[PDB]
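Opening remarks: the structure here includes indometacin.
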Amino acid sequence: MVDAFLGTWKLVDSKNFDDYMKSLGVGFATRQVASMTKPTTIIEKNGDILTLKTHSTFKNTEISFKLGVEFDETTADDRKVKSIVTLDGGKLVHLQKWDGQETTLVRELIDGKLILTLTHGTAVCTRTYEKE
Ligand SMILES: COc1ccc2c(c1)c(CC(=O)O)c(C)n2C(=O)c1ccc(Cl)cc1
């Protein structure tokens, strides 16, 4: 169920996040800081409204959305995008669109870990979170 995503998660592993951030035009100083951060992700629901918070020493974010209903988003890196989050093959798929560009933030559960795959063009980052 979507319910298995709910709770508090902490970053334990990251692969190619710098490449993903470069692909979005994030500056080197921000990449440095964001590269050494181990955020906490909190996923909550109220009926069919899901809230996803990420907290770190660098930045806090929060979005709320209904699955399958588009929303306007200002991203952590300050892009203004058109977004939708759906459930697809048991994965939470967040698609962001802006200026004819796209990025996906895909979350899936494997062996009790939450795996976040970030794709922007060629750049693919994988980040693993464990349950708190
Ligand atoms: C579209 O995708 C993004 C954007 C920003 C992100 C992340 C993923 C993740 C990935 C995650 O949630 O693990 C973290 C940690 N971000 C930051 O905090 C962040 C904030 C501001 C800037 Cl400028 C750059 C990075």
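Numbers for residues simply follow the sequence, beginning at 1. For this deposited structure, the header notes the method as X-ray crystallography, 1.2 Å. Order of listing sets the numbers, starting from 1, for every ligand and every atom in it.
In this structure the chain with most contacts to indometacin (ligand 1) is the one UniProt names Fatty acid-binding protein, heart. Site of indometacin (ligand 1) with heavy atoms closer than 4.0 Å: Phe17, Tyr20, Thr30, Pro39, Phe58, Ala76, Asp77, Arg79, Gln96, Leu105, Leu116, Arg127, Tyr129.
For indometacin (ligand 1), the atoms lying closer than 4.0 Å to a non-hydrogen atom of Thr30 are 22 (C), 23 (Cl). Filtering the residues that UniProt lists as binding (9Z)-octadecenoate in chain A by heavy-atom distance under 4.0 Å from indometacin (ligand 1) yields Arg127, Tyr129. Heavy-atom proximity to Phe58, at under 4.0 Å, picks out these atoms of indometacin (ligand 1): 20 (C), 21 (C). Intersecting the UniProt hexadecanoate-binding annotation for chain A with heavy-atom proximity to indometacin (ligand 1) (under 4.0 Å) gives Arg127, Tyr129.
Here the protein heavy atom with the shortest distance to atom 3 (C) of indometacin (ligand 1) is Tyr20 CE2, 4.0 Å. In the vicinity of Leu116, heavy-atom distances shorter than 4.0 Å reach the indometacin (ligand 1) atoms 11 (C), 12 (O), 13 (O). Counting only heavy atoms of the protein, atom 17 (C) of indometacin (ligand 1) lies nearest to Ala76 CB, 4.3 Å. Closest protein heavy atom to atom 16 (N) of indometacin (ligand 1): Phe17 CZ, 3.8 Å.
Atoms of indometacin (ligand 1) found under 4.0 Å from any heavy atom of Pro39 (numbered from 1 in listed order, with element): 15 (C). Below 4.0 Å from some heavy atom of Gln96 lie the following atoms of indometacin (ligand 1), by number and element: 1 (C). Every atom of indometacin (ligand 1) is numbered from 1 in the order shown, and the set under 4.0 Å from a heavy atom of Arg79 is 1 (C). Counting atoms of indometacin (ligand 1) from 1 in the listed order, those under 4.0 Å from a heavy atom of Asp77 are 4 (C), 21 (C), 22 (C), 23 (Cl). If you check which protein heavy atom lies closest to atom 12 (O) of indometacin (ligand 1), you get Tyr129 OH, 3.5 Å. In terms of protein heavy atoms, atom 10 (C) of indometacin (ligand 1) is closest to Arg127 NE, 3.4 Å.
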